[PDB]
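In this structure, dihydrotestosterone is found bound to Androgen receptor.
By the PDB entry numbering, chain A shows 671-918, in order. Both ligands and their constituent atoms are indexed starting at 1 by order of listing.
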Amino acid sequence: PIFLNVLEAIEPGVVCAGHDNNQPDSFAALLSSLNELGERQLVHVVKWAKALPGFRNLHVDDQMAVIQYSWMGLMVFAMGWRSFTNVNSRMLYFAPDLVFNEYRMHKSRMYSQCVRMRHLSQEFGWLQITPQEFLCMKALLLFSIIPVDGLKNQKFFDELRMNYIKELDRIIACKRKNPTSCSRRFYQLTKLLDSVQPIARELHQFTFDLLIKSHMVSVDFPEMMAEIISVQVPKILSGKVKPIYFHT
Ligand SMILES: C[C@]12CCC(=O)C[C@@H]1CC[C@@H]1[C@@H]2CC[C@]2(C)[C@@H](O)CC[C@@H]12
Ligand SMILES: O=C(O)c1ccccc1Nc1cccc(C(F)(F)F)c1
């Protein structure tokens, strides 16, 4: 249908991190590249979102808010997809010029977090997620985290989230036969989406601390990345902004 054409048509393309693979691996270089990749990946997310159906309805402030709160969850989820479709979850495919292997996962000083990411990446396979399901879930991640005191126009956001959830159902109801698996498939995806939040929160904490002592470890932080991680992120780790789980 129309909805599906849009999502597949506004799906961001390949994005390099600009990492110089000629130089030996070093924490500084690796994380600095990831930050640069983040800044780059953020530009596409902004445009990707503005081109999203009904997104232009939210108040301009809520448009930037939701983007500054779930950018981590979106990029991680998408990255997990590339890893599955490119290297079959064997490694973390952040970018064509920035693939993480067992070694780099250790050199990045965040091996545990990578494990969970390589785990999310494998879920796409264990559950046999389809392209249509992936695209629909990613968009729903954009509307998966908001401040406890709601947004400027919560009503509009709830209906916007409600409608995207409906699209997921239709996508799911376009290949099933009996309800035994139908209403069941919904349970699987809803779980997968929720498993993303925990991972995202761990990375949030990590980038935060890394930013605090960025000068001592010589890790560069792009302008935008620096403002969001110091102004937006803190609100999440403080409890002001909490994700939206389907299950408890
Ligand atoms: C979102 C990015 C970059 C885009 C992506 O593919 C997922 C990946 C997950 C780890 C993030 C990284 C951006 C830079 C961060 C936030 C580092 O500071 C620490 C964790 C890194
Ligand atoms: O377009 C609006 O008026 C709208 C308003 C609030 C929430 C969602 C909205 N539209 C919307 C929301 C999800 C999916 C689709 C569609 F699939 F039709 F494109 C349209």
(Q) Can you tell me where to find dihydrotestosterone in the structure, every copy? (A) ligand 1
Q | Numbered atoms of dihydrotestosterone (ligand 1) (with element) below 4.0 Å of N705, judged on heavy atoms | A | 14 (C), 15 (C), 17 (C), 18 (O)
Q.
Does the protein come close to atom 2 (C) of dihydrotestosterone (ligand 1) - that is, does one of its heavy atoms sit below 4.0 Å from that atom?
A. no
Q.
If we set the cut-off at 4.0 Å for heavy atoms, which region of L701 has an atom near dihydrotestosterone (ligand 1): side chain, backbone, both, or neither?
A. side chain
Q) Considering all protein heavy atoms, does one lie under 4.0 Å from atom 11 (C) of dihydrotestosterone (ligand 1)? A) no
(Q) I want to confirm something. Looking only at heavy atoms, which of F747, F764, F770 is nearest to atom 7 (C) of dihydrotestosterone (ligand 1)? (A) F764
(Q) Any atom of dihydrotestosterone (ligand 1) sitting under 4.0 Å from a heavy atom of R752? (A) yes
Q: Identify which UniProt-listed 17beta-hydroxy-5alpha-androstan-3-one-binding residues in chain A lie under 4.0 Å from dihydrotestosterone (ligand 1) by heavy-atom distance.
A: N705, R752, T877
Q) Among protein heavy atoms, which sits nearest to atom 13 (C) of dihydrotestosterone (ligand 1), and what does the distance come to when rounded to 0.1 Å? A) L704 O, 3.2 Å
Q) Which UniProt domain in chain A is home to most of the residues around dihydrotestosterone (ligand 1)? A) NR LBD
Q | atom 4 (C) of dihydrotestosterone (ligand 1): nearest protein contact (heavy atom, Å) | A | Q711 OE1, 3.6 Å
Q. What is the nearest protein non-hydrogen atom to atom 20 (C) of dihydrotestosterone (ligand 1), stated with its residue, atom name and distance?
A. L873 CD2, 4.1 Å
(Q) Can you pull up the source organism of chain A from the entry for me? (A) Homo sapiens
Q: Note the single closest protein heavy atom to atom 16 (C) of dihydrotestosterone (ligand 1), along with its residue, its atom name and the distance in Å.
A: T877 OG1, 3.3 Å
Q) Counting from 1, what dihydrotestosterone (ligand 1) atoms have a heavy atom of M749 closer than 4.0 Å? A) 6 (O)
Q) Which residues from the surrounding chains have any heavy atom less than 4.0 Å away from dihydrotestosterone (ligand 1)? A) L701, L704, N705, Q711, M745, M749, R752, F764, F876, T877, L880, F891
